[PDB]
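As structure tokens, the structure follows; a few thoughts come after it.
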Amino acid sequence: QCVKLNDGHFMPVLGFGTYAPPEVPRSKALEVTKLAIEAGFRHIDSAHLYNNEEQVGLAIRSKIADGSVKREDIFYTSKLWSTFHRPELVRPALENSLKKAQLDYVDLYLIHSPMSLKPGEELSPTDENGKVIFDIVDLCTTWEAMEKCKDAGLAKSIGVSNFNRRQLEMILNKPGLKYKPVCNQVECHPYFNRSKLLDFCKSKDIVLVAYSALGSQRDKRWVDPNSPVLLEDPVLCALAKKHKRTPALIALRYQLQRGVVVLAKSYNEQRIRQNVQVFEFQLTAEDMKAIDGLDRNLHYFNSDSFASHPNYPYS
Ligand SMILES: NC(=O)c1ccc[n+]([C@@H]2O[C@H](COP(=O)([O-])OP(=O)(O)OC[C@H]3O[C@@H](n4cnc5c(N)ncnc54)[C@H](OP(=O)(O)O)[C@@H]3O)[C@@H](O)[C@H]2O)c1
Ligand SMILES: Cc1ccc(S(=O)(=O)NC(=O)NN2C[C@H]3CCC[C@H]3C2)cc1
């Protein structure tokens, strides 16, 4: 159950989301990554930002050592954080991710976000009035350094995340482009279905990878507590009743049938195992149209500061 990427590599269509907020002890990521692998997940999404690559990498080594999987059975994604966009910083950022995880390579490396931040050791650099410090970087140069990570064998595939159409075209029209982005990992769910971006991506052989596909973790630091709770949506619950599944399963299946590769974060053993049942049933064309009607241009992530950034993707 994979999709063929535009560089000839294969991505599993269901991915495991690994981010958990800092109140969750770091040992949990180790435990639940093992559980996801045990359940059947093979595509695993992490990032430098998530402060978990060591734990996720150790789960993977653990499941290889005990004979459940081989390295080449696992599709592992990491991401370049926005403080490392300057081209000279890209390779060392990846090498550090690889060292942490103890892998020789990632299956996929992404530019996490187009919103460049000031180089340094803070993930979130701020000035003397507490304002986040943006950086200005030609992302075409970042991308060239990404291509070099691929040729260097350190990333089998390269792509982007949180790019809008204009940003994607800037890469696609770059003079001397060697590798297209294989994907664009973006927020995508029935309340924000991205159909326009998705059709653009499809026209360019670029895979759209959905995050917050289950409505996000509703973290009080970035998500308005008054936003509607996706999985309480009454169309989603009535489809769940109809198919005898769950609303999460409806949300995940929706993405698969529209050609979207979908991530699903759970740190709960039974929900982890539930999510792999997405492959067991199908929505009707009329179900899919019903879900398509739910879009409300709702993005769960908000930060007013990021909105002023010149590369803010929702400009
Ligand atoms: N590129 C980016 O900028 C970006 C941004 C955000 C996320 N991501 C990636 O995408 C992953 C997923 O997105 P997300 O973290 O926003 O979460 P999500 O996949 O939208 O899931 C949100 C919540 O749904 C719950 N859930 C999972 N399965 C369930 C089921 N079957 N029934 C009921 N509830 C269920 C989980 O809680 P429990 O843990 O309690 O089950 C989870 O906290 C992330 O972990 C990360 O890998 C990338
Ligand atoms: C510190 C922290 C913040 C947020 C999250 S998270 O929001 O749960 N997950 C995620 O990957 N990153 N964010 C979405 C992107 C758009 C803007 C910049 C990026 C940040 C995890 C960890």
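Residues displayed in chain A correspond, in order, to the PDB entry positions 6-320. In each ligand, atom 1 is the first atom listed, and ligand 1 is the first ligand listed. For this deposited structure, the header notes the method as X-ray crystallography, 2.0 Å. Heavy atoms only: backbone and side chains are in, while hydrogens, waters and symmetry mates are out.
At ligand 2, of nimesulide, tetrahydrocannabivarin, gliclazide, epalrestat, promazine, the drug present is gliclazide. The main partner of gliclazide (ligand 2) in this structure, judged by heavy-atom pairs under 4.5 Å and named as in UniProt, is Aldo-keto reductase family 1 member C3. Using 4.0 Å as the cut-off, the other ligands and ions neighbouring gliclazide (ligand 2) are ligand 1 (NADP nicotinamide-adenine-dinucleotide phosphate). Restricting to residues UniProt lists as binding NADP(+) in chain A, the heavy-atom distances under 4.0 Å from gliclazide (ligand 2) involve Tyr24, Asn167. At a heavy-atom cutoff of 4.0 Å, gliclazide (ligand 2) is contacted by no atom of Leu128, backbone or side chain. Result for chain A and gliclazide (ligand 2): the nearest UniProt active-site residue and heavy-atom distance (1 Å) are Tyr55, 2 Å. For atom 3 (C) of gliclazide (ligand 2), the nearest non-hydrogen atom of the protein is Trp227 CZ2, 3.3 Å. The distance criterion of under 3.5 Å between nitrogen or oxygen atoms is not met by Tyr24 with respect to gliclazide (ligand 2). Looking at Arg226 against gliclazide (ligand 2), nothing comes within 4.0 Å, counting heavy atoms. Per UniProt, the substrate-binding residues of chain A include some within 4.0 Å of gliclazide (ligand 2) by heavy atom, namely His117. Site of gliclazide (ligand 2) with heavy atoms closer than 4.0 Å: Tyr24, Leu54, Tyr55, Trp86, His117, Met120, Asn167, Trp227, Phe306.
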